[PDB]
4 protein chains.
Amino acid sequence: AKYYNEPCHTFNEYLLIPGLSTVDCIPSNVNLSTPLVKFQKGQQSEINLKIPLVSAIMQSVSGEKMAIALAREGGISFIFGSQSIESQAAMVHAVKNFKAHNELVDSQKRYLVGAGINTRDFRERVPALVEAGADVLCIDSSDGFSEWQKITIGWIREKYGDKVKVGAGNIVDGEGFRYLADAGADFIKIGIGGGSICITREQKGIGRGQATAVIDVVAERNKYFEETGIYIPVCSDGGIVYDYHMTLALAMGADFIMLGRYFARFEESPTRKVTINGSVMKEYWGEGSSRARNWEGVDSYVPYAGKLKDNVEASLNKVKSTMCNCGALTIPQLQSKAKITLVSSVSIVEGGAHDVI
Amino acid sequence: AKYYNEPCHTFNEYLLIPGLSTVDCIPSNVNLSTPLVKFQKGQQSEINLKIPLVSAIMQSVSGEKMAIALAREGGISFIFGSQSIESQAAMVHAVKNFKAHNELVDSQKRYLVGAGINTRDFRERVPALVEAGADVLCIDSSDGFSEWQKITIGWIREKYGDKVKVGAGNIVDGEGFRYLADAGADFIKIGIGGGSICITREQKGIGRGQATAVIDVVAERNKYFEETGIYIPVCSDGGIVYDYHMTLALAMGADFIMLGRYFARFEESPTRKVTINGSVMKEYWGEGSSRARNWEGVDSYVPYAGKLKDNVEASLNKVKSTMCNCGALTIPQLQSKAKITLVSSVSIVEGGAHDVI
Amino acid sequence: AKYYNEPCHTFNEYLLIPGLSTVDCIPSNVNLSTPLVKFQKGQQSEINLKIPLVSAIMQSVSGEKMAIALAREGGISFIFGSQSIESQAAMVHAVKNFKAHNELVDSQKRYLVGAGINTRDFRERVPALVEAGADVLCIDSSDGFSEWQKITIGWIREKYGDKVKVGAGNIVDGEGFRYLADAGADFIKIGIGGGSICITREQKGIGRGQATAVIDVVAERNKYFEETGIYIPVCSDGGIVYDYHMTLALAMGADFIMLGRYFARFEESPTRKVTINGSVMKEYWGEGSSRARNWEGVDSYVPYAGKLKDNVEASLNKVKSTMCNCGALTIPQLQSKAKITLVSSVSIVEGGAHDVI
Amino acid sequence: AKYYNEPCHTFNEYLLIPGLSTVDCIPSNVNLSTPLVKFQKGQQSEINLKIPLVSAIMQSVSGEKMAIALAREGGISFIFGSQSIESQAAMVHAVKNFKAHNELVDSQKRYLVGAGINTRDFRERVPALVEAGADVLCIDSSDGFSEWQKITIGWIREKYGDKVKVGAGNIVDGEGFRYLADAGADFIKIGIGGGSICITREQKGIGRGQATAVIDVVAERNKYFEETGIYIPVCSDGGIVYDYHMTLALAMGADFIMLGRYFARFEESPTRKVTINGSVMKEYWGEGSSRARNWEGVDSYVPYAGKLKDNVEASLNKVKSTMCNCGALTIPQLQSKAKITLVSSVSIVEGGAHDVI
Ligand SMILES: NC(=O)c1ncn([C@@H]2O[C@H](COP(=O)(O)O)[C@@H](O)[C@H]2O)n1
Ligand SMILES: NC(=O)c1ncn([C@@H]2O[C@H](COP(=O)(O)O)[C@@H](O)[C@H]2O)n1
Ligand SMILES: NC(=O)c1ncn([C@@H]2O[C@H](COP(=O)(O)O)[C@@H](O)[C@H]2O)n1
Ligand SMILES: NC(=O)c1ncn([C@@H]2O[C@H](COP(=O)(O)O)[C@@H](O)[C@H]2O)n1
Ligand SMILES: [K+]
Ligand SMILES: [K+]
Ligand SMILES: [K+]
Ligand SMILES: [K+]
Ligand code: NA
Ligand code: NA
Ligand code: NA
Ligand code: NA
């Protein structure tokens, strides 16, 4: 077997060390634009998010309401594919024809929307999603290091060339990244085991600390870019617990972030808002739960947070403020200048409130 | 004294990183056969289990019912030797003559069964077990790095040559492995302190993290094979808490796994099924407890799990699925291709369900 | 991004190993004097504290009463600047004209006092503080690695030359130290995230273990001194939980220590003494709490400790005793001779009371 | 300041890995004799304990009854010196004249006994203890790296030559050992902060993990022996929680072990046996508690264990059994052959009972 020199680490084990903050860096001047799909050296991506957040490919997260609400703020949603082809295409169509500052739209001013696909019924599902107006697709899987994803991407390329964009994943190391890169993926998703509703141990025991996974994949992605001139955006998927984890993921090299729990708490998520003992909650279940995969996972509740807009603004304002502490006005600048330290196992306590009531 | 460069680690500190999964790897095509006794380069073992699981040499685990139930699924039980010679031989005889898909049997279609022996009354116990029809024997001890085991194996070789198979142990490092290998053991058992009912600290303070023990012994076993052309199967004994620990043990190099608690929960274990406050439990005590060694250990209860068959199928289906994630269709292929990472002390939390009710 | 070879550590992870204690080292012979502002090689600081403790620039800590009480014992307070310019100058004036063994005073025998300033209204606030009689100033910020601090110090130098002393901060590494050193700071404050009422994670995720921060900054400060002949005193700000942490901070190289919670517990702090369920407490809130910054932080209570005098004497007696264990009669000697070890993550338990009721 | 490459570790972080156990190693053949005072290469110590245990220099542990009970089993007690010179000499006299298999006695068949002394009144206390018949003395201090101990030992040598034996300590590193070795100590005590009733953090913050301290001192002691031909026995004082910690301390190089809590639980300790809510306890307080030092520490209770004899036999039987697992028939052989591993921070759980009720 193959072993590694260091153990893997998660986002909670890292902190950012400030860099020189100049007079021109104030939160309002920070640009959070980021590429969504691959491009060549010297070019710009054909699709750029206005904010680095995308909603998870989950029944309890990315419905039509979510897709519209997020696109309005500059991000994009990936309508879940764990439903009939007709039902998914209907949601995509509804988002693209909803209009019949930071909004993410196409040349026709329609909100952009993505859709998840599987390695099984893609020959029928992909055409339907394309006709419905899907702007980008993404193969939804816990282990993207599979010949099945290569086959799926291959079929798409042979039928649509590079006109149809498709992300692939998930992978957690350089080898997995390279395999999907060579396969033709437009963006690669990183993360196995980090999800809030994913209990690795009680399952297959496959995974890797999210921080280590991102750092490793990003190194391989940068090596790949230098070798081929092709820049492939990567997505840190899962493991975001606190707002600063967003800043860390981006600083470590991720172009954008995929979140489930974070968005499930909003009014726009497709789940039911239920009031339990005085506390308004929202349902949240993983795609691996029996409650979903049958149309491996856990079913739960998340505290109601209200409308997406206000929460995203608050989260990103903190990200922007932190970026200025690090001397960065853009994500690429943050990825270049960030100083990231690991924190001791025997600590973390000093970081939070201590010795006070 | 002699010290080591790194601290020892247990199974809970590791995770598997996926490899390339090909279209031909589906759980149903995975072969879990594995060698039980030593053989020379170019040969196959005289005894191959159909599944890599064997039941512990314990009064509360391996009785005749267990031996039949496990052999039926492809594994083998080691009838406890902590009973009279006549009583143990009777159980072996009963299993071998019970018949008077994955079943593990001899050339006469009779279920295979093993039996534990001690370094004290072997001159009388071994002959009885052989006559009763025992297919394999195993010296039962917490510290197999003993001249007593060499003497026992020597007596068996001098009286039966290589016709009677005998495992030895337990050891936790290369030196212990080599000593028993040179002594003539047919397979060597690994593990001291990892058992669920073994409290190292409150005892002698001897032991080693199970993962480190397996990894070290396997390295020595492979070195031994290259030097002598002799391949000696090794058994990871104890420390299995979750199904994925099985996959890890095998990936680290163990040919098969010995479990106590896992099997004690089944209907076929020889202990009493007792109902406590609405919960059906099964008794489970270690061989070191006063309740047993007198015909150092703890006496306890384990949740009733039902029939062995359904539980083993579920566990192994998960192992097979994980093997496919790692690109392995067989155990030897898994041992060659597995990518195994240690996880941070400051983590493991991200791995399970978090920040959700 | 830039990474580090080792994770950061906090004070609780360290212990001091005794050195040779001579017959002349008794607590009463220990000198705790220390420089407050920069000077050149061969010179002495223009301001030397008689004890290495200064009170935090906080509304709930450094009022006029605190400043007088601390100066009387040899330390200095930094009157909070989170109030009107007129109100702050009034407190400074009151301390300087209060008289109208270890007392810290000027050439006119008046108690010394400091005052915090911000990078916004300094053109008006600084002149007022100078006229009021402020002996030293200090820019109050969580991230001192800013062009704003360079501008502020520059304005002060251009208007007052080196006659007005001004500390800057906070920083946590060599780069931040060097930036403020070159900018002209008279002393540099170290620490981000360590404060008792600062919850890093629930904020920006910026910071560094206090011990590592001090050690790193001190190394850079010593390198700077060797290069330029300029010695810049540094202050360890925040993270002090136990008295021995004071000894550690000083041993690691800090010239003095800034504390908030420690002083808030005293009768002289400007907060209200409230009795809760039989326990007398004192209010304590961070400068980042809404309760303060509006004239990011937490509001709380700290156990009443009584008068400052008796508590400081007790704390420093322990520091002096420990210094003698280390063979040091002065702080510089402690910084040169201290033997400091990190303690295992798997321990710390042996250090406290254990296995006894 | 001086730093170290590795953090310090405690006994709970280590486990012993078995070595070859021969047929001649059974508990009853294990010899636990060990030297108490220094000797030259090729010689034997003038005083050899029959068991490697000595009772702490504490009011709540080593009284006349304890000294007699322990000497009867082969160990020695150090009558506390935190009492009047007359009172301490009386206890020593009573033990030496009490008679007016493994018993530790002098040439006159009288039980051996030790006595603690301080660096203050030794000019009067030492003569009294010598006349009373003390067999060995030991300077009692938390930080033995002091000129005061050198002076004390010097006075003893000048007045009695090498006829009066005197141990010194405590120290935790090679430098401290060497200082006391050159000063003339007959044996050196190791340990600061490990005591069960010693709360390092709430005090001076001085100390070192006991395991690391012993290992380091032993290395220096062996280097010293090779340089001068003088072998100085060392004592591991404090930190023993479990019986196996005894085996570890000895395996790491300590010639004998000093314990407080362990002995306080016995009928022979001088404290009161009190019954609390159905549980018989014994009082136990440190020498640093106000309750003692006035004729820094904690006052507590320890579960009654009964007579010393039966408990010591049980503890040492386990030590002997473990020694045989390691292939050692004597302490020196154990120190030469022991294989000692550190255990992961993320573990230790596997070592104890787990996943069972
Ligand atoms: N285990 C499951 O049932 C399940 N369902 C979704 N997921 C993963 O978790 C991610 C969401 O993580 P989180 O809630 O944001 O921490 C998804 O984008 C996906 O990669 N896991
Ligand atoms: N300490 C005891 O009393 C005792 N009895 C059995 N054992 C060990 O524990 C193993 C079972 O571990 P577990 O229950 O499967 O974790 C046995 O195969 C044996 O090696 N230990
Ligand atoms: N986060 C806040 O609201 C806040 N207010 C003050 N502080 C920091 O905490 C320090 C006090 O730390 P402590 O209470 O002594 O641990 C201050 O000197 C300052 O650097 N932080
Ligand atoms: N801190 C105290 O008040 C005190 N009193 C005794 N001690 C130390 O603790 C040792 C006993 O440790 P323990 O109880 O056996 O863990 C003593 O031999 C001594 O070195 N410490
Ligand atoms: K900055
Ligand atoms: K795979
Ligand atoms: K000392
Ligand atoms: K052995
Ligand atoms: Na904090
Ligand atoms: Na998880
Ligand atoms: Na302690
Ligand atoms: Na165990």
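Convention: sequence-line order gives letters A, B, ...; per-chain numbering from 1. Structure determined by X-ray crystallography, 1.9 Å. Both counts, for ligands and for their atoms, begin at 1 and track the order of listing. No hydrogens, no waters, no symmetry mates; every other heavy atom, side chains included, goes into these values.
Among belinostat, ribavirin monophosphate, clofarabine, the compound found at ligand 3 is ribavirin monophosphate. This structure shows the largest set of contacts to ribavirin monophosphate (ligand 3) coming from the chain the PDB entry labels inosine-5'-monophosphate dehydrogenase. Under a 4.0 Å heavy-atom cut-off, the other chains found next to ribavirin monophosphate (ligand 3) are C. Distances below 4.0 Å separate heavy atoms of C/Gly297 from the following atoms of ribavirin monophosphate (ligand 3): 3 (O).
At a 3.5 angstrom cut-off on N or O pairs, C/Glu287 counts as close to ribavirin monophosphate (ligand 3). Contacts between C/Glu296 and ribavirin monophosphate (ligand 3) below 4.0 angstrom, taking non-hydrogen atoms only, involve the backbone exclusively. With respect to atom 8 (C) of ribavirin monophosphate (ligand 3), the closest heavy atom belonging to the protein is C/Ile197 CD1, 4.5 Å. Near C/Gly238, with a cut-off below 4.0 Å to any heavy atom, the atoms of ribavirin monophosphate (ligand 3) are 12 (O). UniProt IMP-binding residues of chain C with a heavy atom under 4.0 Å from ribavirin monophosphate (ligand 3): C/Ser196, C/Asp237, C/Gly238, C/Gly239, C/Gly260, C/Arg261, C/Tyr284, C/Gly286, C/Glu287, C/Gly288, C/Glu296. At under 3.5 Å, a nitrogen or oxygen of C/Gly260, whether backbone or side chain, sits near a nitrogen or oxygen of ribavirin monophosphate (ligand 3).
Of the protein's heavy atoms, C/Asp237 OD2, 2.6 Å lies nearest to atom 20 (O) of ribavirin monophosphate (ligand 3). The N/O atoms of C/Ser196, backbone and side chain alike, include one that comes under 3.5 Å of an N/O atom in ribavirin monophosphate (ligand 3). The N/O atoms of A/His354, backbone and side chain alike, include none that comes under 3.5 Å of an N/O atom in ribavirin monophosphate (ligand 3).
Near C/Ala56, meaning under 4.0 Å from any of its heavy atoms, are these atoms of ribavirin monophosphate (ligand 3): 18 (O). Of all atoms in ribavirin monophosphate (ligand 3), listed by their number and element, those nearer than 4.0 Å to a heavy atom of C/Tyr284 are 11 (C), 13 (P), 14 (O).
An N or O contact shorter than 3.5 Å links C/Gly288 to ribavirin monophosphate (ligand 3) by distance. Within the listing of ribavirin monophosphate (ligand 3), atoms 16 (O) sit less than 4.0 angstrom from a heavy atom of C/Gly239. Within 4.0 Å of ribavirin monophosphate (ligand 3) on heavy-atom distance sit the residues C/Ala56, C/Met58, C/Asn170, C/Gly195, C/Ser196, C/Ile197, C/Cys198, C/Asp237, C/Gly238, C/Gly239, C/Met258, C/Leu259, C/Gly260, C/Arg261, C/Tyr284, C/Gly286, C/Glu287, C/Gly288, C/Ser289, C/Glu296, C/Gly297.
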